[PDB]
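Lab note: Gamma-aminobutyric acid receptor subunit beta-3, etomidate bound.
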Amino acid sequence: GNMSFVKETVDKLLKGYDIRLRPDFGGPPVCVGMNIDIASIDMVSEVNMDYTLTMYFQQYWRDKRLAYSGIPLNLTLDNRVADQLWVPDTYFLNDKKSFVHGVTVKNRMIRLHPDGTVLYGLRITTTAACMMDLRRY
Amino acid sequence: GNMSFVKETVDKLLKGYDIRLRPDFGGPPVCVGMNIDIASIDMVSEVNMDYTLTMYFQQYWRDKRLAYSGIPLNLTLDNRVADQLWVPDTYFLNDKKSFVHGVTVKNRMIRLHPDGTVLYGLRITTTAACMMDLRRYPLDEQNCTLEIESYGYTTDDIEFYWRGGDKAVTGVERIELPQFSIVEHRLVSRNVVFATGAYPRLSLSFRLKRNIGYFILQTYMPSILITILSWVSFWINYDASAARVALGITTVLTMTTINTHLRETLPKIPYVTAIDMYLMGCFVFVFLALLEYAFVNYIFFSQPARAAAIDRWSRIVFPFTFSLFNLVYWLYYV
Amino acid sequence: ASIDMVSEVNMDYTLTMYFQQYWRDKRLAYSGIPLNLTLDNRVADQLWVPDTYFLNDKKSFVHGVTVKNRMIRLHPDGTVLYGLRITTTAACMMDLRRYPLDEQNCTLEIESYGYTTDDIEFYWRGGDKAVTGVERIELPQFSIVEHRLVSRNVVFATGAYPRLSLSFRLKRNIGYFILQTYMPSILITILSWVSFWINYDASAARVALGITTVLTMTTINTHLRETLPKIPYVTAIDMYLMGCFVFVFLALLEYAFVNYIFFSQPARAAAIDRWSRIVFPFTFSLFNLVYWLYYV
Amino acid sequence: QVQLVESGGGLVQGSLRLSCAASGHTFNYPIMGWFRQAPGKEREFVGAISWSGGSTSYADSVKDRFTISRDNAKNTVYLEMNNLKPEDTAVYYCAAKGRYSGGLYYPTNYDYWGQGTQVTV
Amino acid sequence: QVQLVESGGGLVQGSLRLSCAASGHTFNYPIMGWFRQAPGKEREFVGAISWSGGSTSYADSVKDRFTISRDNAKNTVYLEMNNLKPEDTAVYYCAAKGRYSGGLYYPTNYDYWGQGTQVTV
Amino acid sequence: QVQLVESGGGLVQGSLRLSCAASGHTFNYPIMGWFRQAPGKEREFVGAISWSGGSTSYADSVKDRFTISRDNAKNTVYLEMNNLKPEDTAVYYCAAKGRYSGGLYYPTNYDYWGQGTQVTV
Ligand SMILES: *[C@@H]1O[C@H](CO)[C@@H](O[C@@H]2O[C@H](CO)[C@@H](O[C@@H]3O[C@H](CO[C@H]4O[C@H](CO)[C@@H](O)[C@H](O)[C@@H]4O)[C@@H](O)[C@H](O[C@H]4O[C@H](CO)[C@@H](O)[C@H](O)[C@@H]4O)[C@@H]3O)[C@H](O)[C@H]2NC(C)=O)[C@H](O)[C@H]1NC(C)=O
Ligand SMILES: *[C@@H]1O[C@H](CO)[C@@H](O[C@@H]2O[C@H](CO)[C@@H](O[C@@H]3O[C@H](CO[C@H]4O[C@H](CO)[C@@H](O)[C@H](O)[C@@H]4O)[C@@H](O)[C@H](O[C@H]4O[C@H](CO)[C@@H](O)[C@H](O)[C@@H]4O)[C@@H]3O)[C@H](O)[C@H]2NC(C)=O)[C@H](O)[C@H]1NC(C)=O
Ligand SMILES: *[C@@H]1O[C@H](CO)[C@@H](O[C@@H]2O[C@H](CO)[C@@H](O)[C@H](O)[C@H]2NC(C)=O)[C@H](O)[C@H]1NC(C)=O
Ligand SMILES: *[C@@H]1O[C@H](CO)[C@@H](O[C@@H]2O[C@H](CO)[C@@H](O)[C@H](O)[C@H]2NC(C)=O)[C@H](O)[C@H]1NC(C)=O
Ligand SMILES: *[C@@H]1O[C@H](CO)[C@@H](O[C@@H]2O[C@H](CO)[C@@H](O)[C@H](O)[C@H]2NC(C)=O)[C@H](O)[C@H]1NC(C)=O
Ligand SMILES: CCOC(=O)c1cncn1[C@H](C)c1ccccc1
Ligand SMILES: CCOC(=O)c1cncn1[C@H](C)c1ccccc1
Ligand SMILES: CCCCCCCCCCCCCCCC
Ligand SMILES: CCCCCCCCCCCCCCCC
Ligand SMILES: CCCCCCCCCC
Ligand SMILES: CCCCCCCCCC
Ligand SMILES: CCCCCCCCCC
Ligand SMILES: CCCCCCCCCC
Ligand SMILES: CCCCCCCCCC
Ligand SMILES: CCCCCCCCCC
Ligand SMILES: CCCCCCCCCC
Ligand SMILES: CCCCCCCCCC
Ligand SMILES: NCCc1c[nH]cn1
Ligand SMILES: NCCc1c[nH]cn1
Ligand SMILES: [Cl-]
Ligand SMILES: [Cl-]
Ligand SMILES: [Cl-]
Ligand SMILES: [Cl-]
């Protein structure tokens with residue numbers, strides 16, 4: 001309810017937060033859960049042996065540096081906070097060219113939970129390689 | 001009047017302002033009103049099953065953190081202030097690629113009002129998906145939509161509405177597509193559920209009637225006249241074997257060229273279109289005209305009277321049965 | 001600087017230009033320096049500049065090499081000159097009913113994005129001399145007949161906005177179409193008449209001339225239709241080609257009429273060939289006379 | 001350069017058909033608009049039609065009463081004034097709007113104005 | 001605008017085939033969904049099928065028991081309820097989902113609802 | 001490499017036609033310009049013409065008095081000096097401007113200068 005209190009809570013989370021260091025740096029690995037919601041496959045190209053995929057890519061992990069108390073809410077923050085957090089360095093190994101959609105803002109979501117669970121969502125279009133066996137084409 | 005006083009007022013609004021927090025964070029949802037003014041639909045592509053739309057997208061909401069007193073003016077601020085405010089996370093769910101126009105500056109407007117009402121305007125070009133049903137093509141009607149959604153905020157945090165109701169989208173009369181007319185547009189509001197929660201959605205939709213005229217002059221009329229050319233063969237003497245098989249071959253083979261040209265600007269769909277049904281009909285007519293010569297050729301030595309009768313009948317029966325074919329087709333599809 | 005392209009297919013044109021804006025900002029007035037101060041381009045990010053945009057642009061950029069192509073010049077009284085080099089692709093709805101003997105009016109509309117006429121007013125600086133370099137436009141397919149400068153205020157729901165318009169009138173050059181459309185069609189039509197001097201016993205020869213003239217007309221049309229939008233109306237060039245097509249089709253039907261009667265009526269058959277040799281060239285000459293008077 | 005002549009007004013107590021005939025460069029002015037000016041009051045939008053497509057719009061007052069359409073052969077637009085009322089008492093004007101000239105509703109966006117038929121009921 | 005009629009429910013002690021017949025604008029509604037509502041409980045997802053492709057999904061409860069398919073010729077979808085249980089006792093409804101209307105599992109995403117066949121075992 | 005010869009000046013009290021004949025690489029120099037230099041004063045722009053297109057410009061002084069055109073067959077440009085005045089008393093020069101060489105009005109932008117016909121009235 002009190003916006004100044006939430007502002008205080010959020011400011012406290014980011015005070016002395018090092019984006020260079022993964023959660024539990026030097027300790028056990030951070031476990032990253034992945035969901036995908038497929039929006040579309042727009043194209044398949046035999047000529048370029050690739051296909052174009054648009055998707056909502058969700059990553060979940062726990063960062064105990066972002067745990068908060070005294071608020072029984074999940075905090076959805078404006079997308080720009082993603083630049084002040086550590087996020088996983090995830091990439092698509094068979095992509096040829098990919099972007100995060102940009103209108104009306106960067107298409108990107110952060111949701112914190114009291115225990116420090118981060119949900120991070122991205123809307124991605126990716127053109128990805130598909131070596132095709134055309135012997136029975 | 002006093003620029004230092006306005007500078008003081010504006011500086012006060014942004015002092016301790018948290019862009020991370022929506023208006024009324026933790027309280028009732030922020031209500032966001034949307035207007036669109038359509039500038040243009042530049043393209044519709046059957047090949048890519050998409051269309052390109054350019055528009056002025058206006059969002060209104062109240063942020064009481066931006067309420068100001070002692071100035072009976074609306075404050076239009078330079079566009080760059082948008083980077084110092086919270087704005088809604090609105091996106092186009094069926095867009096393929098979109099940008100905000102950038103010359104001479106980012107094409108973007110902020111207007112504050114004393115009570116904290118923000119107007120935020122953007123000029124956007126968007127290429128958007130349009131799955132098309134081409135079963136009746138080119139006598140087809142398409143429903144092309146633009147779906148507008150909150151990316152990250154659920155209906156707990158944000159609600160969308162068409163500002164001005166059914167008058168919220170303007171400039172539909174400005175759409176000048178050579179190949180289409182806009183029959184109707186509709187505005188829809190609904191809530192949509194995903195695993196991550198319930199999201200507000202607005203839909204703009206158009207119904208697009210394809211204009212037949214291009215296809216008459218550059219598809220239907222060519223096919224009709226190649227069919228008529230095939231019947232010239234029935235007035236040529238049966239002793240002119242080269243002449244009559246040449247008319248048959250050239251009519252059969254030009255039909256293929258019509259089809260190839262038409263198939264060059266269409267997706268590889270697995271079903272038959274209306275135009276394909278017409279061309280298959282024409283092809284059967286021009287192929288049968290050539291077989292008629294083979295039947296005449298086969299019998300005219302032994303049976304010159306029967307041979308002459310078949311040519312004399314063909315001259316009436318092929319034009320009549322093609323007329324019937326056209327009547328049935330054009331009644332079914334118009 | 002240039003108009004690089006005009007596209008009938010995309011109904012747009014590409015324009016590159018030096019766009020200069022002058023206004024007074026008394027916050028930037030300075031004393032004790034009798035110089036105009038040209039500052040490095042990056043200072044533009046520390047000033048207010050107008051929110052000017054091109055209302056009929058499709059895609060536009062400010063040129064970027066070796067730096068952003070952008071100029072600020074202050075004057076002692078606070079006058080700012082702000083220059084930008086812009087390439088813009090801009091919409092041009094084209095009326096192709098008389099194409100290729102068409103005239104197009106291609107415009108550039110300049111407007112304030114966010115500021116109403118309460119806050120900003122636009123004018124052509126130097127009046128009718130405010131746009132230069134129209135003589136530099138070198139389009140192979142077009143000449144610029146005229147340009148005009150217009151100022152008006154435009155009303156939307158959100159308020160009244162200043163607008164400036166530059167417009168050009170573009171006359172398409174006929175010469176390409178003569179050499180690669182009209183002359184081919186005329187000569188294929190003339191080829192069809194060769195059939196009238198071939199003996200009526202040469203059935204294969206005469207139907208071959210008929211077929212090949214009828215079918216080459218289709219190729220002319222297909223080639224031409226390949227670089228044009230899918231418009232639903234008839235163009236001037238389509239009217240010419242339809243005329244030519246009727247001539248070459250009738251030449252082939254004339255053979256079918258001769259073929260049909262020459263056994264029973266060899267004298268009438270010979271008369272029809274002998275008449276055709278005069279009547280088809282004469283009636284094609286009349287067709288050309290009527291067409292070229294109507295469209296030129 | 002567009003010229004506009006309107007006819008079919010007159011005095012009645014009923015269904016009526018105003019017409020508006022255009023000539024000249026109508027390609028540059030794709031929209032035709034109907035306005036009306038009552039004595040004293042400001043000039044008021046009635047409805048508008050695109051020459052190409054026939055895409056139509058109306059003021060609320062005349063919505064589901066008046067109907068506009070055109071024919072491109074004669075270069076003519078018509079306002080079919082059905083279910084008339086004593087509020088519908090004004091100098092009715094016809095006008096043309098340029099391609100980029102702004103919102104439909106605002107008379108100063110329009111360039112070529114007809115003479116103006118007076119209608120009383 | 002889609003209309004949906006379902007049949008083949010009834011009372012049994014066994015293999016059964018529910019059917020669901022569609023008519024209208026089925027192109028705009030590419031997915032058909034089966035739901036069931038037990039007395040007291042909330043409306044519950046059973047399974048869904050695409051008209052084009054036949055791409056199918058099931059709730060865990062009915063996974064490797066019920067099977068859905070369709071035929072586009074008749075504009076018909078069918079739920080083949082094999083290996084039935086006394087938990088499978090509900091008003092079974094058929095519904096259509098629009099192209100952009102959200103997740104499969106959520107009944108408020110669906111627009112055209114059939115009448116609802118009661119099934120008891 | 002362009003060569004320029006001008007003729008048709010002389011002495012009169014009246015309509016006159018100066019001409020300017022070009023030869024060489026005229027493709028690289030698409031614009032021809034007319035200047036005039038009065039005794040004492042700086043060299044002054046009169047008008048200019050594109051070889052291709054015939055796109056023309058004039059100084060205000062000679063606007064709606066003098067007219068320039070060309071013929072590409074002879075490689076010739078002409079200044080038709082009608083409605084003459086005692087202010088129009090100068091050495092008139094012809095010149096060629098390169099494609100990227102700057103504004104029309106500035107004589108130092110031009111590369112190939114004719115001899116210069118004296119005209120007195
Ligand atoms: C192009 O194609 C699309 C399909 O992809 C069509 O979209 C549908 O259009 C209809 C209207 O024609 C929409 O129907 C309306 O939906 C509203 C929202 O319903 C949902 O959300 C509310 C909560 O926000 C729930 O209460 C409700 O149960 C739904 O889950 C309704 O509020 C509307 O109701 C009103 O109108 C109907 C009559 O139409 C009355 O019976 C009601 O009492 C009420 O007054 C209405 O039902 C539908 O949602 C759209 N579907 C999709 C998938 O978006 C386009 O119409 C079409 N466009 C063109 C131009 O043809
Ligand atoms: C390409 O095609 C476009 C059409 O899309 C043509 O544009 C029109 O051009 C004419 C000029 O040829 C423009 O007319 C002029 O408009 C000025 C602005 O008018 C509006 O705004 C003022 C307030 O700013 C109001 O007072 C007024 O009522 C209007 O609402 C006028 O100020 C001009 O008036 C002067 O000239 C006329 C004669 O032309 C005199 O009668 C007047 O007394 C006065 O001196 C003038 O009327 C018109 O606005 C343009 N239309 C559009 C839609 O932009 C291009 O001309 C054409 N280009 C080429 C090269 O052919
Ligand atoms: C914050 O988000 C969490 C995680 O999404 C929510 O917790 C889940 O709640 C559902 C019921 O609504 C359960 O089925 C899950 O098991 C829960 N997961 C966990 C890890 O707790 C939680 O409800 C949300 N909190 C607030 C206050 O809204
Ligand atoms: C600031 O903007 C507001 C909102 O656009 C203006 O208020 C509207 O004014 C019109 C009349 O001009 C009324 O029809 C609306 O009902 C008003 N809306 C609201 C919410 O007040 C207002 O005039 C502008 N203020 C200033 C000082 O210019
Ligand atoms: C600074 O720039 C101004 C504006 O371009 C210059 O002033 C113009 O000078 C020319 C003559 O050189 C006059 O024809 C104009 O009328 C002047 N305009 C104005 C508004 O003063 C000025 O010379 C330049 N100043 C310096 C010191 O270089
Ligand atoms: C008798 C059926 O055969 C044909 O129509 C046929 C055979 N070769 C070519 N064609 C035609 C041109 C065709 C092919 C594909 C689509 C539409 C029309
Ligand atoms: C008698 C009318 O028929 C034709 O002109 C005709 C029939 N098949 C082909 N053509 C011609 C080449 C054509 C088609 C389309 C546009 C312009 C010209
Ligand atoms: C507006 C709907 C378009 C309908 C187009 C109809 C064209 C059909 C022409 C029929 C050709 C008959 C050939 C002559 C045989 C005697
Ligand atoms: C500058 C305008 C272009 C006009 C082009 C005219 C070409 C028409 C040629 C006429 C062909 C007649 C064929 C000969 C028949 C005896
Ligand atoms: C379908 C194969 C071709 C048959 C030609 C028909 C000739 C007449 C047979 C009596
Ligand atoms: C399309 C041409 C149809 C001509 C029919 C022939 C009838 C001849 C009757 C003696
Ligand atoms: C004799 C040819 C008839 C062709 C069909 C006419 C068009 C019907 C449109 C409903
Ligand atoms: C989808 C079926 C289309 C039927 C009309 C085509 C003409 C057939 C005439 C025999
Ligand atoms: C339009 C069908 C082909 C007709 C050929 C003409 C031959 C002469 C008939 C007497
Ligand atoms: C284009 C050729 C025209 C020739 C006309 C033939 C006249 C012959 C008169 C004996
Ligand atoms: C005998 C051929 C005449 C062709 C027409 C000449 C061109 C007319 C241009 C106005
Ligand atoms: C739009 C009508 C064009 C008319 C000129 C074409 C030539 C016809 C000669 C009979
Ligand atoms: N606005 C909801 C984004 C989304 C779609 N699917 C999953 N998340
Ligand atoms: N400069 C006004 C922008 C605009 C157009 N339509 C709505 N707003
Ligand atoms: Cl990438
Ligand atoms: Cl995007
Ligand atoms: Cl841009
Ligand atoms: Cl032979």
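So that the names make sense, note that chain A is the first sequence line, chain B the second, and so on, each numbered from 1. Per deposition record, electron microscopy, 3.6 Å. Readers should note that the entry appears only in part, and the reported contacts come from within that part. Atoms within a ligand are numbered from 1 in the order they appear, just like the ligands themselves.
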Location of etomidate, all copies: ligands 6 and 7
Other chains, non-hydrogen atoms under 4.0 Å from etomidate (ligand 7): B, C
